[PDB]
Asker: 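Can you keep this structure in mind? I'll have questions shortly.
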Amino acid sequence: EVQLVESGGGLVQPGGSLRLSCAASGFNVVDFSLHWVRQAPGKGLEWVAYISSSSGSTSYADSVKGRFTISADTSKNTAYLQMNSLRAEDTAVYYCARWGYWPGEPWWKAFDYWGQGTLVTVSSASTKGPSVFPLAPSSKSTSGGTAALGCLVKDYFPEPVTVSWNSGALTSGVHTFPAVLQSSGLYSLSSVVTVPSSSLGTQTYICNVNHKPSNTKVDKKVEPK
Amino acid sequence: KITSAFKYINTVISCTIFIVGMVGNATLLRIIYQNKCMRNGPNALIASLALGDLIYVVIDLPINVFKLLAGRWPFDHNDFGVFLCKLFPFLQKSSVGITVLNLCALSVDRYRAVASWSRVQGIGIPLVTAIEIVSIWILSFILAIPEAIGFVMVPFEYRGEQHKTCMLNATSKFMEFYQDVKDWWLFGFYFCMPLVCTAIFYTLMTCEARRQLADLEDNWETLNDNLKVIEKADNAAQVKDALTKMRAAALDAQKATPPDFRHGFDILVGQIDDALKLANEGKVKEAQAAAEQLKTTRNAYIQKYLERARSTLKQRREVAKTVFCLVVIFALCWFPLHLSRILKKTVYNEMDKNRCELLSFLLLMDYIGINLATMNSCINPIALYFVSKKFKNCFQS
Amino acid sequence: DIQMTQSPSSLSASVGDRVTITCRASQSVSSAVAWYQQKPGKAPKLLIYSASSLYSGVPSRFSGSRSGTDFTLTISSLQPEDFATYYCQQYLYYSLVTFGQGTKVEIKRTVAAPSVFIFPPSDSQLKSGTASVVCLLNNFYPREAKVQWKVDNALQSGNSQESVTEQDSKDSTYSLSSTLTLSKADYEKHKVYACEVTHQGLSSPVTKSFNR
Amino acid sequence: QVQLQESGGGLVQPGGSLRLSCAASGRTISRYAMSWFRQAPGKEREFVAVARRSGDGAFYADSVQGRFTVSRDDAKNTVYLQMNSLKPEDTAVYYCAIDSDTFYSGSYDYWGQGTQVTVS
Ligand SMILES: CCCNS(=O)(=O)Nc1ncnc(OCCOc2ncc(Br)cn2)c1-c1ccc(Br)cc1
């Protein structure tokens, strides 16, 4: 089967270095040309560079010229992309792609098989656990109707953070918003529930916060002021 | 008062049109199949036209001439004469139906002749054309049916003797009201549909043939002009832009190239790609040499392709010219009688004081208008001899 | 260099309708265009070649058309699997490749006004060193809405962060959160706080306020 | 300074069809979106329908979905609201409104006088 795989992703500091590898199975790389494509978080698709090992012809984009180098290895059937002196706007997801040669249909076949993609993020912040804070309603906040509870997590630097309500019990009417990037460089996130009764009957409402990279488990208790 | 001199004129011109229209159609039918390099699509339809006219001129003329020489139909006192009173309208209108439908089919075929001009055809009569001519023949014969029925020989008295006269007499309600709308039927079927259809299809053809040539000229000119621009360039940006335009032009020109020349266009695109790569690396002179390499391929392959294409489209048009010249001559010949009959039915007023002398004029013009229509049956060969420019050598040979 | 533009940024269409997306090229490229579909958390896969050509395995509902420098992608039946982002690409040569911005297709619903709540900062928050005031909009369609902060009847710009949520599969709705961050002096010298919300379903903007 | 006016109204038997047109002058109306509002005693200015810029679409509330239909005519700068299969609860005063944001934020500043419709 025809397959492409990518590797070499992680966390690097600004001005650092990285080396990404793209391996192909099911075909030889001397019958095709290999291209790299970049997608910024919440943006469109962008072209980066390409190489052809039949003639050893390479080209780059204007915004990444002089800092990225591309190479191929026909013995191991692989392509390599070396990145140096990265800046803030270089965090994205990277994809590998194949393109056919001219005299016939395969040129009209454009990009056929895409890679899985590798997430590359650059930052100048350390790893630390978050802080959990309550968001309680008032006695006049829709008395006799529906109230909303919340827990707010702040100042963390993993990519993912896990938030659960009552150890996975309450799920209906719960949605947590995507994390947003603060000015300093860390992240903030919120979780809110919309239970209709704020009485002391079933008002445990424990926010369980899991932060695997810092191996932090936090339990948050809410209380109606 | 009408005199017998015009009767003699009518009979002599009838005897003349017989001779003129017999041998011409016979020799056209001989040629259409005698010469090996002659048979194709439109020519078979022309032969069908000629045969349809030949049946009429070989059956109907030698009874009309006698009817004009004498004052009676053939075999009035014999039963067999009844049969020869319904063949006359049937053949005479079946011929016209065949001619009209064949002209319309020719117009449609000539429009299809340039709608996929890249596609090439074979030789001989196509598979569809034979069934097309068979359908035209059968449809004309069937559509001519409601004229033979009801045409009866009615008795009349003269000099104390009882003789016959052939005319349309009422038999049933549908043919009774048909006797009141057939005049509009003829003018709307044999004169209205063909002219409009041929005019409409002619204009579409003229539009298509025009654009194509414009596109070909645009592609060739942009190729030549961008090559000229690259010839004396100074920087990589302009070379890259001009080579991009040239690559787009080559792809668009190849897309319109029918399946020898495709190999030439592939080689052209390869050389353009080599020039683009050399320019992208960051050199100028090598790009100039690579662009200069394109001249041999341009002067070997593309010029011949352009030549042939232009010449072919010239030929395609000549055929359209012969077809539509035939259409216009048919319309010109068949207009006067229809106008005369419609005007006599509509604008003639019985209460008019001077309606007599005017009618004395009108009848006279009608007495030639009919004749004009008849002449059409023999105008097809001569018109083909002065128009086709290829039947000239056939007739001479 | 060769810029290429997509007209409709977002479409709201339901099951069983037809959609048409137009992509326009700046220069005169040939039929060398291609169409791609992307769903969240996945790599693109392609549908249409050469401005009119179907790939192997793609459903035959997708169609493409070309006219001069304008390219059209048409879908006749909208199955539930056809809710994703689409892209138009030109591939005239290796080093000249340009992508479109993108068009998002979403489900259609009935207009509903947001519900607005506010939350004052907590005691632990105000003893930590920084304070944050949050106010929340729930269960509205369509997406477009605006939130305005007011302190002491004085408008404030900056220090406000907005977060949005994708369409909930249960009801095809949204939620939005606005957080305003201040230092201790900023929260202590001012007195009145409020946030107001404006949506197409609201007759007049709705404000919710609190004091200390 | 934009002047807007809408017509139609009166007493209509149940099940009838009614058309109300809202027109205006003072701005380039073809670049905006216009909305309809319905006010009845005991109800505070409910929303009914909205028509966006040409080529975008129209949206309706749940109470009037299907029965109604909103249409745009940028040549004459008009919006049309067609209603059928009415019910006695419809009886109310209708207002036309024109928003103020090109990003469909939803700010309403110019409001019409409204027409009265009664049924049953
Ligand atoms: C009772 C007389 C027949 N009935 S009638 O009076 O109603 N009509 C006509 N009478 C006398 N001569 C007519 O045409 C003479 C020329 O015919 C002809 N045919 C084929 C070719 Br090739 C060349 N010339 C028509 C006539 C009218 C309309 C049509 Br369509 C066809 C023929």
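Chain naming here is simple, since letters A, B, ... match the order of the sequence lines and numbering starts at 1 in each. Just so you know, ligand 1 is whichever comes first in the structure, and atom 1 is the first atom listed for that ligand.
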Asker: For ligand 1, what drug is listed?
Answerer: macitentan
Asker: Which polymer chain has more close contacts with macitentan (ligand 1) than any other, using its name in UniProt?
Answerer: Endothelin-1 receptor
Asker: Show which other chains sit less than 4.0 Å from macitentan (ligand 1), counting heavy atoms only.
Answerer: B
Asker: Provide the transmembrane segments of chain B per UniProt, counted from the N terminus, that have any non-hydrogen atom under 4.0 Å from macitentan (ligand 1).
Answerer: 2, 3, 5, 6, 7
